[PDB]
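Here is the structure we will look at, set down as structure tokens.
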Amino acid sequence: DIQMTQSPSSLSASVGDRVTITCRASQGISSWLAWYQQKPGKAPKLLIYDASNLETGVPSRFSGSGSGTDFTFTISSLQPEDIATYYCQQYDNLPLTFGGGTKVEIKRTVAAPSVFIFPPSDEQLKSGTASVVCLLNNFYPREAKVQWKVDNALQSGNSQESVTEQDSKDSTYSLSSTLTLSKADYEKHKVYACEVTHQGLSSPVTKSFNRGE
Amino acid sequence: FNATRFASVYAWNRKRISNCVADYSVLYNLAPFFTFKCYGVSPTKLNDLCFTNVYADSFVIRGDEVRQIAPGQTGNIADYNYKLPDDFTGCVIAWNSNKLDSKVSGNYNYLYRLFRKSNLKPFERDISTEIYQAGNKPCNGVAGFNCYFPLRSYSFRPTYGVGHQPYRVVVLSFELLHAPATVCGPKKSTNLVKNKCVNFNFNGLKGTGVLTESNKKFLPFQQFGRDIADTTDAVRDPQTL
Amino acid sequence: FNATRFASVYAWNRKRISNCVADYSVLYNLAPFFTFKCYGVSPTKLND
Amino acid sequence: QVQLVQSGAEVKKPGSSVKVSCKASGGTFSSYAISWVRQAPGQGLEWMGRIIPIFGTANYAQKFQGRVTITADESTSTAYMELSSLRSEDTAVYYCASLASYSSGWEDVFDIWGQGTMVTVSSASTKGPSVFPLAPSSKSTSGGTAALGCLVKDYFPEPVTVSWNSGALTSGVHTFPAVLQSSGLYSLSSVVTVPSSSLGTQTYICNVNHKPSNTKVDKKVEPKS
Amino acid sequence: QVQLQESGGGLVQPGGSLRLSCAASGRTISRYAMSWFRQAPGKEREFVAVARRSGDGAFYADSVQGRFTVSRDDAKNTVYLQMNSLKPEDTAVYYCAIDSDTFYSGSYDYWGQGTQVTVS
Ligand SMILES: *[C@@H]1O[C@H](CO)[C@@H](O)[C@H](O)[C@H]1NC(C)=O
């Protein structure tokens with residue numbers, strides 16, 4: 001099946017700025033292209049049915065142009081409803097194919113995380129398993145690093161991490177890690193520590209607790 | 001003509017062209033326009049005439065099926081999808097569209113009707129697709145003999161030849177009575193000579209005679225004056241009126 | 001239709017037809033026939 | 001006017017066939033048609049197939065022939081999609097949308113869309129989450145505020161709703177996307193940021209609910225020093 | 001931890017051009033790409049520009065692309081920044097960061113000190 005590629009994959013611009021999107025195809029489609037905007041995990045909204053014709057009710061803010069093997073999609077102004085992935089839909093042939101999507105996030109500026117730590121509770125320890133969680137809140141850019149150094153020795157392969165999307169309330173992000181261990185391992189070790197590095201910390205930040213605390 | 005979107009030969013698209021200056025050389029100069037057939041008018045003269053009204057139709061059909069697009073013809077397209085009046089005047093234009101409309105066992109979006117409850121009237125359009133009644137067997141749900149669905153597709157597979165390959169057709173329907181007129185060619189105007197025998201072409205009306213300031217009270221909604229036997233006795237200037 | 005002396009498609013049966021009426025409104029359209037179709041032209045046109 | 005309403009989420013073990021359907025309303029059945037598309041997590045859309053019920057014609061993408069069939073009827077005015085031999089990778093949401101390449105010469109791009117049906121494939125069976133509160137340190141304070149949380153683990157299938165004070169609290173409430181364990185069970189987490197003075201003086205409680213099993217869980221949150 | 005400090009900047013008349021510089025000592029400078037940042041009063045940190053070893057021109061944020069330039073000199077362990085036609089917006093406090101990872105394509109920026117800019 002004929003494929004297409006969207007370039008670049010990610011964008012960052014402030015509200016009110018002009019933004020452009022493009023995608024690439026291996027063979028020349030005869031202008032049989034359409035464009036969609038989709039909120040991550042939500043129903044797509046149809047934008048453009050013919051390469052340069054907007055759909056019913058679509059605002060004039062959206063437009064596009066191009067021909068042959070390539071096309072371009074642009075917006076006159078990045079507006080509040082714009083943190084979404086833009087897909088260029090190919091329908092030149094019977095087998096429908098969809099682009100990888102171009103994602104845009106509001107360009108807000110670096111913000112330091114709120115670094116917090118978690119020694120586990122008794123109710124969990126009664127199950128025979130122990131855990132420790134490290135939390136980062138409301139930071140920018142998209143990612144930050146968290147590492148476990150139980151007994152001041154770095155460890156790998158016993159923790160799970162989850163990350164949120166961009167927080168549109170202040171265009172920041174959050175991250176946390178959950179360390180997992182057994183009761184025997186919990187008793188064997190003495191000190192548990194989490195260390196953090198991010199775009200906005202003057203130096204690595206350490207949070208830790210001991211057996212008696 | 002250059003629109004990416006062309007409707008089916010039923011529910012056929014119709015666009016009215018008014019208050020413009022036409023130039024038909026941009027059409028027949030195009031390479032893909034292999035077929036350019038006109039009834040009641042010739043290709044060479046289109047740019048010299050002026051028309052009281054203009055209407056353009058468009059649709060997609062097979063190659064050999066374009067044969068059915070002519071006055072008073074009979075056939076699936078001529079009778080159940082699109083029929084020209086016996087006295088139609090205008091041009092029928094079609095060209096190959098495989099590069100656009102051909103897909104492997106696809107192109108369902110372009111449809112037609114094989115049969116209908118009754119033959120279509122000229123320029124009659126039917127958006128509905130209800131099932132033809134069988135008559136011999138009660139039929140509200142689907143049934144046998146005649147309760148088959150009217151619509152059906154070529155599938156426009158590229159392996160098809162011109163006999164089944166897609167043809168993109170646009171039909172120009174004209175009224176060629178004289179003014180009032182709003183659509184016609186780039187013919188330049190000239191000063192108006194009076195009281196001297198002069199060849200005149202008033203909005204497409206060619207003739208030879210002497211032009212004099214008329215003293216008969218034309219009402220504001222009248223645009224021509226005919227003597228006995230259809231002879232044009234008077235005409236109003238389309239510029240100074 | 002009703003002979004059914006063609007139980008195997010291998011070595012299928014053939015017949016030639018001429019000099020008759022061919023009233024398709026009855027043929028291939030009565031209750032016993034579950035399906036019926038014509039290619040290239042509708043049965044309504046073929047009827048006449 | 002035409003609208004689409006889909007069936008509820010359907011779940012079963014790997015290697016089986018999952019049913020999915022959505023009603024046809026507005027106009028009638030014989031002036032209607034359906035195609036189905038896939039939206040798996042962390043990726044874009046995908047097209048499965050198309051049906052025009054009254055034609056009897058149907059098509060499927062090169063990726064889905066044989067594994068997929070489509071049927072519909074006028075008595076109930078709805079479409080019937082079925083997928084067979086599902087992998088764990090098949091976990092995704094399936095949308096049915098109104099077809100446009102069915103008549104009068106407009107194109108095949110989907111205007112009307114359904115609500116989406118979630119299918120998740122795993123060896124596990126319907127059971128509730130395991131929940132345990134959290135106990136942040138006193139050194140976990142910053143800007144006169146502290147973060148508290150409760151975790152959700154070992155539940156299948158989706159969805160799960162996490163709320164604070166049974167939904168009575170919303171300021172600073174944060175949630176996390178779920179993750180899937182190797183055992184085939186999901187997990188979730190959520191936190192809320194509150195002033196250091198308010199906590200202890202005012203009760204803060206996490207709440208977790210599991211719609212498939214119709215069970216509810218809640219517990220208190222307190223830091224420690 | 002490593003040391004890093006700026007030089008230049010300061011008060012200027014509106015509409016002029018200003019220079020800025022930043023350097024380190026006693027450690028390898030090539031292994032890290034040196035980046036530069038900004039903070040408006042009462043508002044958080046901003047990215048501006050960065051220069052790499054390849055020397056493929058400059059690299060900018062959204063706003064600073066049409067008014068800024070950057071260059072470096074490894075032999076002197078110093079980086080340079082250039083500003084044009086300073087505006088009232090240039091009443092903020094900057095920072096000088098380094099992509100603190102050994103020959104990393106990405107960046108974990110680290111800065112030691114920052115200085116102010118103010119149009120009179
Ligand atoms: C046509 O143009 C001429 C020259 O500008 C002008 O004198 C005349 O009034 C115009 N007539 C109409 C009907 O516009």
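The chains referred to below are lettered A, B, ... by the order of the sequence lines, with proteins before strands, and numbering in each begins at 1. Contacts here are counted within a displayed part of the entry, not across the full deposit. Structure determined by electron microscopy, 2.9 Å. Heavy-atom basis, side chains included; hydrogens, waters and symmetry copies ignored.
- The drug assigned to chains A and D in the PDB is JMB2002.
- Counting heavy-atom pairs under 4.5 Å, the chain with the largest count for JMB2002 is, by its name in UniProt, Spike glycoprotein.
- Other chains contributing a heavy atom less than 4.5 Å from an atom of JMB2002: B, E.
- Contact analysis (heavy atoms, under 4.5 Å) places the epitope of JMB2002 on chain B at B:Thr4, B:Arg5, B:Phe6, B:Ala7, B:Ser8, B:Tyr10, B:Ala11, B:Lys99, B:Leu100, B:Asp101, B:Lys103, B:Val104, B:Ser105, B:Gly106, B:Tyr108, B:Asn109, B:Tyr110, B:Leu111, B:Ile127, B:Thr129, B:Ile131, B:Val142, B:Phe149, B:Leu151, B:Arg152, B:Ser153.
- For JMB2002, the main contacting UniProt domain of chain B is BetaCoV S1-CTD.
- The deposited model's entry lists chain E under the name Anti-Fab nanobody.
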